[PDB]
Amino acid sequence: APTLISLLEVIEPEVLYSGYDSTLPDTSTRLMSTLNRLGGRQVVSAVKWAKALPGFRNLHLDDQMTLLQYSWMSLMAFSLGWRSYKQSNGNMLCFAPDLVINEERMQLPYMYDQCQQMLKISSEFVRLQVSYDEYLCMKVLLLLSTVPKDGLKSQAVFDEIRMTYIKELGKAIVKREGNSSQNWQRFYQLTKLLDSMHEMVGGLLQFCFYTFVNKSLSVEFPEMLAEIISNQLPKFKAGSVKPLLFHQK
Amino acid sequence: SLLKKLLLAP
Ligand SMILES: C[C@]12C=CC(=O)C=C1CC[C@@H]1[C@@H]2[C@@H](O)C[C@@]2(C)[C@H]1CC[C@]2(O)C(=O)CO
């Protein structure tokens, strides 16, 4: 009998290549535009993943769009943290197999601070020694952890899906452990990490919003990312969105 | 909408 976790493993997309061009000397604008082109393709991959995620299709189409538009940066930064953890133990930002940022390219304008923020996310995977299955369940919960303050169209369906994957995270914890000496402590630590992701990616999202709206900086965005940000941005800046937290603020 | 198109596509 197939398990939900076994299905999360098989639907996880393969990692994308950048195609970045060595030949041009690096500039902050060129690098950020290259990263946004990669991000747009990773978001397309994430939409295909969400369509395959058991239960997601049960949601009203408008809620499917809301959840992807609200959570895309959390999904992308979490997966970047995982790749950087597995490929470098959190020492380098492993955007793609052909695009690694190490401390010496972080020195371009605007790159250092955002790169430190991305590395902190990877540093949490190292600190907690997160297992693949724990990561996969947590990543689903990120898709389900930012919602409109005034609710979703299919709220009861959403509540069912979210509780289902909360229990799946518990199952992933029990599989990681040899027995149960610290299953609650582990669940506490991982839900504290999920809660912290809202703040840990907030600076990335605000910088994304600035580079999107400030045409002066000449940072390019691909079409589907631009459409998503143009919808997400007014809702976030107006304070009409809320995180679903496990623990008291 | 590109996102909507993708969600509806096979
Ligand atoms: C999704 C993305 C691309 C590929 C990847 O593996 C992970 C992520 C997370 C961080 C994103 C990044 C790019 O899109 C560029 C972004 C938005 C960046 C945060 C600030 C940023 O550098 C920027 O705002 C440049 O305009």
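Letters A, B, ... are given to chains in the order of the sequence lines, protein chains preceding strands, and every chain is numbered from 1. Order of appearance sets the numbers: ligands from 1, and atoms from 1 within every ligand.
At ligand 1, the PDB records name the drug as prednisolone. The main binding partner of prednisolone here is, in the terms of the PDB entry, Glucocorticoid Receptor.
Other chains making heavy-atom contacts shorter than 4.0 Å with prednisolone: A. Within 4.0 Å of prednisolone, judged by non-hydrogen atoms, the site holds A:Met32, A:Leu35, A:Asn36, A:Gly39, A:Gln42, A:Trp72, A:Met73, A:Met76, A:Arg83, A:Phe95, A:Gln114, A:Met118, A:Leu204, A:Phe207, A:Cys208, A:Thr211, A:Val219, A:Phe221.
Which parts of prednisolone touch A:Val219 is read off a 4.0 Å heavy-atom cut-off, strictly below it: atoms 26 (O). Ranking the protein heavy atoms by distance from atom 24 (O) of prednisolone puts A:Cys208 CA, 3.0 Å first. For atom 8 (C) of prednisolone, the nearest protein heavy atom (residue, atom name, distance) is A:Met76 CB, 3.7 Å. The single protein non-hydrogen atom nearest to atom 11 (C) of prednisolone is A:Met73 SD, 3.9 Å, given as residue, atom name and distance. Of all atoms in prednisolone, listed by their number and element, those nearer than 4.0 Å to a heavy atom of A:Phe221 are 26 (O). Listed by atom number, the atoms of prednisolone under 4.0 Å from A:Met32 heavy atoms are 25 (C). Residue, atom and distance of the protein heavy atom nearest to atom 16 (C) of prednisolone are A:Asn36 OD1, 3.8 Å.
For atom 26 (O) of prednisolone, the closest heavy atom belonging to the protein is A:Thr211 OG1, 2.9 Å. The shortest N or O to N or O distance between A:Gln114 and prednisolone is under 3.5 Å.
Taking every non-hydrogen atom of A:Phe207 and a distance limit under 4.0 Å, the qualifying atoms of prednisolone come out as 20 (C), 23 (C), 24 (O). Closest protein heavy atom to atom 6 (O) of prednisolone: A:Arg83 NH2, 2.7 Å. Annotation: atom 5 (C) of prednisolone to nearest protein heavy atom, A:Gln42 OE1, 3.1 Å.
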Return a table of N or O atom pairs, prednisolone on one side and protein on the other, at distances under 3.5 Å, rounded to 0.1 Å.
{"residue": "prednisolone", "atom": "6 (O)", "partner": "A:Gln42", "partner atom": "OE1", "Å": "3.3"}
{"residue": "prednisolone", "atom": "6 (O)", "partner": "A:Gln42", "partner atom": "NE2", "Å": "3.1"}
{"residue": "prednisolone", "atom": "6 (O)", "partner": "A:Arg83", "partner atom": "NH2", "Å": "2.7"}
{"residue": "prednisolone", "atom": "14 (O)", "partner": "A:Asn36", "partner atom": "OD1", "Å": "2.9"}
{"residue": "prednisolone", "atom": "22 (O)", "partner": "A:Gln114", "partner atom": "NE2", "Å": "2.5"}
{"residue": "prednisolone", "atom": "24 (O)", "partner": "A:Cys208", "partner atom": "N", "Å": "3.4"}
{"residue": "prednisolone", "atom": "24 (O)", "partner": "A:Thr211", "partner atom": "OG1", "Å": "3.2"}
{"residue": "prednisolone", "atom": "26 (O)", "partner": "A:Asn36", "partner atom": "ND2", "Å": "3.0"}
{"residue": "prednisolone", "atom": "26 (O)", "partner": "A:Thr211", "partner atom": "OG1", "Å": "2.9"}

